[PDB]
Asks: 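Let me begin by handing over the structure; questions about it come next.
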Amino acid sequence: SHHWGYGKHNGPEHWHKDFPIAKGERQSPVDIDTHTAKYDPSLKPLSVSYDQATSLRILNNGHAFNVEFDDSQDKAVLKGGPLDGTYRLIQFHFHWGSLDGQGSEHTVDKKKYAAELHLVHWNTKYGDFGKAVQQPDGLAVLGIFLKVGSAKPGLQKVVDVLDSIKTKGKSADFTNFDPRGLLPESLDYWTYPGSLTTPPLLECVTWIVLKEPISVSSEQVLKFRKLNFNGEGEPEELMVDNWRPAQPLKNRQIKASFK
Ligand SMILES: O=C(O)c1ccccc1O
Ligand SMILES: [Zn+2]
């Protein structure tokens, strides 16, 4: 049967047939043109409070892998930056390429990074994630670019569990993972209003994209590329190039927290 994905017959250019909002006015990702983004001195520093984070499980969902968190309390939250109120971390995942020259969803002056990390948070004033994705300020996604260079020590625990979730539908216990080990040194950022980048493509996201990439080693991103989109017992299709390309910016402003 048919299902959305990243192949020739079901990739991003097809998604609008199943999810018409794919051609909407607030779609993500976008290219970040650094000479059009404006420094906004009213933006606050981003406040990342992850000290009490409780990771639970890691899941291969047939499109990427999600590291899931306990979001029943304000244990891992994002405040400040462009945001009003408190946004709770629910999961993170990545998008990556088949080659080091592509894989990111956002681009910076058309530059593609090897991968992009998305830490997904929902606005606590809406009570749960499902209600938050019915609201224009329901979600905040912290996006972090990955370039290939030196290894990221805080990523290695993720890399080493991937063999146990090779195929679609597999999950593994994944407790005591500290997402602070995935941050770069600087929290300077760009921000703009956008959407989820996979179906259902809902236009609920305040994007916060960090200026500084993290470095990961070639071996680390190689292990991402050994995952499978297919389920166990089906023919192997490598999980690579699970990124949506840049979408039209339309009426939107990208702001910078730094100059
Ligand atoms: O980030 C996405 O594209 C996404 C899609 C569906 C559900 C949760 C999500 O974070
Ligand atoms: Zn994503």
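All residue numbers given for chain A refer to the PDB entry; the residues shown span 2-125, 127-261 in order. According to its header, the structure was obtained by X-ray crystallography, 1.1 Å. Heavy-atom basis, side chains included; hydrogens, waters and symmetry copies ignored. Read the numbers this way: they start at 1 and go in the same order the structure lists the ligands and their atoms.
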Asks: According to UniProt, what is the name of the macromolecule sharing the most 4.5 Å contacts with ligand 1?
Replies: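 By contact count, the main one is Carbonic anhydrase 2.
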Asks: Just wondering what drug sits at ligand 1.
Replies: salicylic acid
Asks: Given that the side chain starts at C-beta and the backbone is N, CA, C, O, which of these parts of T200 lies under 4.0 Å from salicylic acid, counting heavy atoms, or is it both or neither?
Replies: both
Asks: Which residues that UniProt lists as binding Zn(2+) in chain A have a heavy atom under 4.0 Å from salicylic acid?
Replies: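 In chain A, UniProt ones with a heavy atom near salicylic acid: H94.
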Asks: List the UniProt domain of chain A that dominates the contacts with salicylic acid.
Replies: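 The majority map to UniProt domain Alpha-carbonic anhydrase.
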Asks: State the UniProt active-site residue of chain A that lies closest to salicylic acid, plus the least heavy-atom distance in whole Å.
Replies: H64, 8 Å
Asks: Of the residues in chain A that UniProt says bind substrate, which ones have a non-hydrogen atom under 4.0 Å from salicylic acid?
Replies: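 From UniProt's list, the heavy-atom cut-off leaves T199, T200.
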Asks: Going by the atom numbers of salicylic acid, which of them fall below 4.0 Å from some non-hydrogen atom of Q92?
Replies: 8 (C), 9 (C), 10 (O)
Asks: Give the atom numbers and elements of salicylic acid that come within less than 4.0 Å of a heavy atom of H94.
Replies: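 In order of numbering, the contacting atoms are 1 (O).
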Asks: Quick check on contacts: which atoms of salicylic acid are under 4.0 angstrom from a heavy atom of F131?
Replies: 8 (C)
Asks: Check for other ligands or ions less than 4.0 Å from salicylic acid and list them.
Replies: ligand 2 (zinc ion)
Asks: I'd love a list of the residues lining salicylic acid within 4.0 Å - heavy atoms, by chain and number.
Replies: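 Non-hydrogen contacts come from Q92, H94, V121, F131, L198, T199, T200.
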